[PDB]
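Fusion glycoprotein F0, liganded with MEDI8897.
Note on naming: letters A, B, ... go to the chains in the order of the sequence lines (proteins, then strands), and numbering restarts at 1 for each one. Only part shown; contacts counted inside that part. Just the heavy atoms: all of them, side chains too, but no hydrogens, waters or symmetry mates, feed the values below.
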Amino acid sequence: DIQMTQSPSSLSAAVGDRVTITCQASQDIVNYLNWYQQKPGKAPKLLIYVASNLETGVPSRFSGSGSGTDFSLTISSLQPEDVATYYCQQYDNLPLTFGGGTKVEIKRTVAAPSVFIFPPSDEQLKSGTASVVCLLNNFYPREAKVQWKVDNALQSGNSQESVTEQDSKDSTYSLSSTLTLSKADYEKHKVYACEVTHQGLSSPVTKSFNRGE
Amino acid sequence: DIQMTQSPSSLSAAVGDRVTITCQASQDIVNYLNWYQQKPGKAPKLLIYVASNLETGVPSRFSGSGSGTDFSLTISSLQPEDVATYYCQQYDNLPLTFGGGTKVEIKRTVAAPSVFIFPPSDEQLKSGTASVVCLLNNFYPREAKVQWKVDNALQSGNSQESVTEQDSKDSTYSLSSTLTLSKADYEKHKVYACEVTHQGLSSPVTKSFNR
Amino acid sequence: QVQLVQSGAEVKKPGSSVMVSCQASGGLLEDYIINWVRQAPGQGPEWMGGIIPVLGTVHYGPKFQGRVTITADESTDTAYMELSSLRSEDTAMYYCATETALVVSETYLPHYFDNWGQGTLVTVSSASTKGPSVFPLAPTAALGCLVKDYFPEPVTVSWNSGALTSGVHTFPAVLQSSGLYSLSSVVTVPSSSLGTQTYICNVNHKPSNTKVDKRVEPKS
Amino acid sequence: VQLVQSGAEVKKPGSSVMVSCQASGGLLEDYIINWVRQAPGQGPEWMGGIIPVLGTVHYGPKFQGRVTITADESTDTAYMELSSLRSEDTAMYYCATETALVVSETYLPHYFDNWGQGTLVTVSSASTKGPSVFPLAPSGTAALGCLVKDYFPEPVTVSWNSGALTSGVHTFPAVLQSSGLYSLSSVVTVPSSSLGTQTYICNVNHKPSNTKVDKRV
Amino acid sequence: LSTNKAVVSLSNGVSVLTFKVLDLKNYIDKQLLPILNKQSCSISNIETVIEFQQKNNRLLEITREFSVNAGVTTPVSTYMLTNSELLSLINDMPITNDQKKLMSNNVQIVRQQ
Amino acid sequence: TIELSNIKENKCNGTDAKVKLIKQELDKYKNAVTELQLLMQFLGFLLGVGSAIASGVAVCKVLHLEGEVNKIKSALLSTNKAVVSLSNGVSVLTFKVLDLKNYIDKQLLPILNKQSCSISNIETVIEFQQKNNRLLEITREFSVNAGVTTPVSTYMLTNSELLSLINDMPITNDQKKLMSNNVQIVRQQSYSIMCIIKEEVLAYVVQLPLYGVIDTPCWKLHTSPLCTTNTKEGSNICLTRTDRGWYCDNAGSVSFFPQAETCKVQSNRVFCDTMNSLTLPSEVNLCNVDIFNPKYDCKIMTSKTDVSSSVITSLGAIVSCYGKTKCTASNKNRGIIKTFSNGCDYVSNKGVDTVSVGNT
Ligand SMILES: *[C@@H]1O[C@H](CO)[C@@H](O[C@@H]2O[C@H](CO)[C@@H](O[C@@H]3O[C@H](CO[C@H]4O[C@H](CO[C@H]5O[C@H](CO)[C@@H](O)[C@H](O)[C@@H]5O[C@H]5O[C@H](CO)[C@@H](O)[C@H](O)[C@@H]5O)[C@@H](O)[C@H](O[C@H]5O[C@H](CO)[C@@H](O)[C@H](O)[C@@H]5O[C@H]5O[C@H](CO)[C@@H](O)[C@H](O)[C@@H]5O)[C@@H]4O)[C@@H](O)[C@H](O[C@H]4O[C@H](CO)[C@@H](O)[C@H](O)[C@@H]4O[C@H]4O[C@H](CO)[C@@H](O)[C@H](O)[C@@H]4O[C@H]4O[C@H](CO)[C@@H](O)[C@H](O)[C@@H]4O)[C@@H]3O)[C@H](O)[C@H]2NC(C)=O)[C@H](O)[C@H]1NC(C)=O
Ligand SMILES: [Cl-]
């Protein structure tokens with residue numbers, strides 16, 4: 001098989017910046033090369049075919065270049081909706097192969113997260129488990145930390161966090177952390193809190209609730 | 001050298017008119033001819049190369065034609081931001097030579113000047129000179145007159161005026177006149193006014209102040 | 001504007017075989033190269049094979065050859081892909097994707113993919129299919145619902161049957177230690193509308209054929 | 001690629017001047033580098049050009065023997081020396097390039113498609129002297145400004161709030177005063193409602209004398 | 001398959017230099033026919049048709065020569081064997097360096113013979 | 001001469017459809033220039049042997065002398081046509097037929113360079129292919145003809161250029177008229193000898209025939225075997241005039257061209273080449289009125305081989321019919337109209353369209 005080596009693995013650039021991705025083949029493939037754009041969870045989209053031809057309806061800020069073994073994809077003025085994974089794909093001989101992908105992230109101004117906490121349902125408690133959710137809503141950058149604190153006891157490793165992909169129109173993230181406990185130990189304590197640290201807040205934000213009301 | 005004779009030397013046309021500029025060489029230069037646009041105070045910008053090729057990002061309203069010894073530059077729909085001097089330039093053989101240039105001026109409707117007067121600063125007077133500035137702001141046509149009046153006595157020849165080029169976004173002119181005298185002679189009088197006559201105002205506007 | 005509509009997502013036990021269908025709406029199969037391209041979690045897409053009905057030719061990748069069969073039933077405009085002897089590596093999103101093939105030579109091979117299906121998420125696992133239970137996350141304000149304990153993926157969620165779109169955030173499912181998936185869907189809402197407007201999150205879990213409409217309200 | 005030339009300066013009559021031109025972001029091997037000057041009230045005049053990839057230099061017949069054009073490929077700077085200066089030489093000197101990527105052995109300059117900003121060389125016996133800057137305090141729509149008086153040689157530049165105020169500025173051409181020094185005015189029109197809550201500062205730069213003054217008005 | 005020049009051993013035992021001088025199959029199969037089908041059987045770039053007319057032109061001119069010569073031509077024209085190909089053939093031939101230099105400085109005579 | 005430009009640095013990258021065509025077209029021009037530089041690094045048996053291009057080649061050696069190209073190059077600076085006096089003293093017409101240097105240096109490369117090896121106007125690449133095509137075909141002809149061609153093709157010399165050569169040659173108005181109305185023959189009697197690629201100019205010598213004898217009377221002699229008509233198979237005798245060929249009056253003598261296939265007839269004019277001729281006394285014509293005349297010994301060959309044949313003449317057919325061979329003459333409207341008896345007989349082209357001798 002022909003190996004496609006794509007570089008870089010990920011990159012972050014501001015809106016309007018010029019971005020170039022590289023694709024290299026393990027051998028000469030003339031210019032029998034395609035490019036695809038994949039946003040998270042959706043099918044790939046054909047952007048460039050036969051090394052340089054622009055697919056219909058793709059903005060002219062995209063371009064494809066290269067021949068032989070080295071190829072490039074150039075975005076002349078990056079826009080928020082271009083956040084996606086890019087793949088090159090060769091067809092010089094079978095089997096058809098894709099590159100490793102290049103994840104493109106948008107660098108924007110720092111936005112602080114809005115933090116909300118949700119108590120477990122009375123209905124869920126009856127089934128014997130309790131999920132306590134903490135939410136960070138529409139923030140940037142990606143790096144945030146949520147450590148649960150029961151009364152004042154730091155919780156370790158009893159939570160799972162999930163992050164949305166970068167929003168296509170305003171380049172922000174959202175994150176939910178879920179603290180799962182048994183019904184026996186949930187009704188054993190009183191005040192539940194999730195403490196959140198991030199670059200957009202001057203002091204760390206804590207949202208809590210009392211199991212009484 | 002090859003001498004390029006450019007015609008006309010200046011022209012005035014209304015916004016939206018079709019304008020043609022001519023360049024003729026003293027000898028055959030095939031189609032080895034370029035056109036440049038120079039706005040006041042800035043370096044020239046290349047518009048056309050090899051007689052007819054449009055530079056990238058130059059409006060499609062520009063076109064070039066000609067061959068041999070006679071060439072032309074055509075603007076299909078003149079716009080305000082095109083106020084500038086244009087030069088043709090040959091390269092058939094060295095030295096490269098330029099034409100004399102054609103200044104393009106925009107004809108528009110009459111706009112009255114905004115007339116403003118400024119007294120000399122307290123900081124400047126201590127240094128021993130007094131400059132009093134009178135301003136005509138955003139007027140048309142080019143021809144304007146500023147006559148100083150100290151108290152009520154008309155002043156002759158102790159001032160200097162400077163006029164800007166046509167503004168690139170609205171095609172109006174501005175003119176400032178500076179009246180320079182010694183501090184001794186400034187404190188000899190009290191109330192200073194500048195009265196301005198122009199085609200955009202029905203009556204002459206006078207702006208004054210008390211020292 | 002041919003639309004490629006694939007069969008539903010499903011879970012298959014290890015060692016058996018799966019058939020994915022791909023319905024072409026608006027055209028014939030004779031006019032295309034029909035390819036199958038899969039994508040495993042966290043990996044790039046992978047070309048599995050292609051069929052060229054106008055040439056009567058089938059092509060398979062070396063990694064799959066001998067356990068993939070691609071057929072093109074021209075009487076119903078449906079493409080099929082059988083994948084036998086399933087393994088854990090085969091858990092992937094299987095995409096049907098075509099290339100226009102009007103002027104075709106012999107020795108013509110697949111080159112690109114200009115039209116894609118929506119994808120069929122095949123999970124290879126021994127676990128039984130199980131539908132989710134949906135719990136409220138009771139409450140500018142924020143509310144949502146927690147979709148807990150379902151298998152296999154995927155689950156979808158919409159608010160007010162698609163009426164509420166601006167401001168919803170549905171998180172990727174997280175695998176719990178129990179082996180079942182859970183998921184959250186939140187939406188930010190003006191605090192002034194908590195009493196006059198109703199908020200329903202519509203959960204659809206096709207793998208178990210269960211669709212659940214949960215209404216949330218501020219408890220007591 | 002940007003071409004950045006040396007600063008304006010005054011030169012005594014009879015001496016020689018060197019203007020530099022920095023090609024930034026690319027090699028000098030890739031260009032024809034021409035020198036084009038423009039005297040006050042005239043068109044441009046081609047002085048010469050250098051084709052570093054060919055090792056070829058060309059000077060206009062009017063200028064050969066008192067112009068030297070060099071291209072220093074170690075710093076990507078082309079230079080233009082002009083000796084035995086006289087009054088006719090007071091002019092704006094432009095560095096201007098043509099891309100010369102596919103070149104023939106007999107390739108010559110043809111056009112100027114990329115320009116530097118220009119270096120205004122004034123030949124005069126007068127000494128360099130910096131200006132004093134005075135506010136034009138105010139007292140529909142209102143106007144204010146500052147007057148830059150008594151400097152030599154030209155040019156002076158001016159920006160308001162470090163370039164923040166652009167809509168409505170008018171910078172007039174300098175007028176030659178009887179003392180032999182130039183003076184110039186810069187005015188800007190602004191809505192009357194911001195006269196009390198917004199601050200307006202003009203930053204005057206006269207590089208020939210190395211004077212930068214930020215005066216608050 | 002991988003190179004344009006190879007030495008092949010024939011069935012009777014003689015080894016003969018081989019040379020792929022024009023690959024029109026791959027041009028059509030991978031570069032032209034894919035461009036063509038994608039844009040609804042239309043080509044939006046005049047440069048694409050010319051590139052094909054150029055690739056095809058040599059194959060057409062070869063056909064003209066065999067069609068007028070009944071399949072045996074002399075001298076070997078530049079359409080049958082371009083100058084670079086002939087110099088590569090001589091240079092890769094199993095002959096002396098005195099011979100290679102002779103043939104390479106006199107390719108015009110090598111054609112005529 | 002064709003004026004070329006040296007291309008030093010072809011630094012164009014970028015796989016763009018429009019870019020690729022100019023880069024590949026430029027390589028064609030460069031390769032053609034380089035390719036051309038590597039190139040420099042009966043009774044017929046009585047006739048003499050000449051050196052057809054010794055005259056043209058000798059002029060070509062003079063062009064290799066020092067400064068000889070600069071004279072040519074400087075004389076053809078302002079016009080495309082100038083008379084140059086060479087170092088040896090010979091005056092030669094010079095002719096700049098194609099100026100690729102100025103096209104590449106002043107029109108193409110600036111357009112090419114401006115948009116970073118990209119050309120936004122397909123018409124500029126084609127105009128170059130048209131300009132370049134002639135140089136490519138000149139090279140193509142010289143590479144398979146080993147630097148000397150005949151006839152002079154329209155690539156070496158266009159029709160209008162050749163007419164201009166003729167009008168400027170130091171020849172008679174009668175001569176110019178003859179050459180001008182028969183350019184197709186003038187080409188066929190011409191050589192084009194490739195010369196030098198020195199300085200920035202390609203030069204080749206075109207060696208044109210000059211016709212110093214025009215409008216003198218000519219005649220073609222056709223001969224055929226004449227045999228006895230005996231009944232015994234081998235008792236026959238044969239006799240043939242061998243002096244067949246073309247004869248033209250020329251400077252008080254008669255030029256004889258034995259191989260009549262080396263002469264070309266256009267209407268009633270015969271173009272022959274004196275290097276393929278013998279110079280004979282005017283009395284050779286007596287062989288036509290009396291083969292036993294005492295003033296010229298007429299040439300014949302003798303044989304015992306009585307085979308049947310036919311010789312098509314200008315206005316008829318000589319038929320040598322012997323043995324049992326069937327010999328007839330036919331009309332298109334009537335079939336066979338004459339059957340020949342044994343012996344040598346003749347038929348005019350008036351009533352006859354074909355002649356059949358045996359299976360021929
Ligand atoms: C095809 O073909 C063609 C023809 O041939 C071509 O074209 C071409 O190309 C080329 C490429 O190859 C190019 O070239 C060029 O070169 C040059 C060189 O130089 C040198 O040095 C350098 C430095 O520099 C400096 O110095 C100079 C003087 O000398 C000057 O002039 C400059 O400017 C500079 O300065 C500055 O900076 C600095 C920094 O450091 C500082 O210090 C100072 O002070 C100042 O500031 C160096 O670097 C180099 O070296 C290098 O290289 C080599 C090879 O290459 C290597 O080996 C080494 O090592 C090095 O590298 C390094 O680095 C890198 C980065 O860079 C990394 O990555 C690596 O790894 C390493 O580490 C030399 O030696 C130069 O200059 C240039 O550059 C440019 O470009 C690039 C790309 O291309 C980029 O990257 C950069 O950045 C630049 O760019 C720029 O510019 C532009 C204009 O327009 C812009 O836009 C951009 O953005 C930029 O900008 C920037 O910067 C500036 C300044 O500079 C500023 O102003 C701004 O703001 C920003 O920041 C280049 O490289 C040429 O040019 C061309 N030409 C044309 C005409 O085009 C092509 O390419 C082909 N193609 C294909 C595909 O093939
Ligand atoms: Cl040469």
- [ ] Give the place of MEDI8897 in the structure, all copies included.
- [x] chains A, B, C and D
TODO: Show which other chains sit less than 4.5 Å from MEDI8897 (chains A and C), counting heavy atoms only.
DONE: E, F
Open item on the list: Any chance you could tell me the chain of MEDI8897 (chains A and C) with the top heavy-atom pair count under 4.5 Å against chain E?
Closed with: chain C
Open item on the list: Working on an epitope table here. For MEDI8897 (chains A and C) on chain E, which residues make the 4.5 Å heavy-atom cut?
Closed with: E:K25, E:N26, E:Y27, E:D29, E:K30, E:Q31, E:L33, E:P34, E:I35, E:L36, E:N37, E:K38, E:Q39, E:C41, E:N45
- [ ] State the residues of MEDI8897 (chains A and C) that make heavy-atom contacts under 4.5 Å with chain E.
- [x] A:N31, A:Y32, A:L46, A:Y49, A:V50, A:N53, A:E55, A:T56, A:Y91, A:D92, C:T100, C:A101, C:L102, C:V103, C:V104, C:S105, C:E106, C:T107, C:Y108, C:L109, C:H111, C:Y112, C:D114
Open item on the list: Curious: how does the deposit label chain C?
Closed with: MEDI8897 Fab Heavy Chain
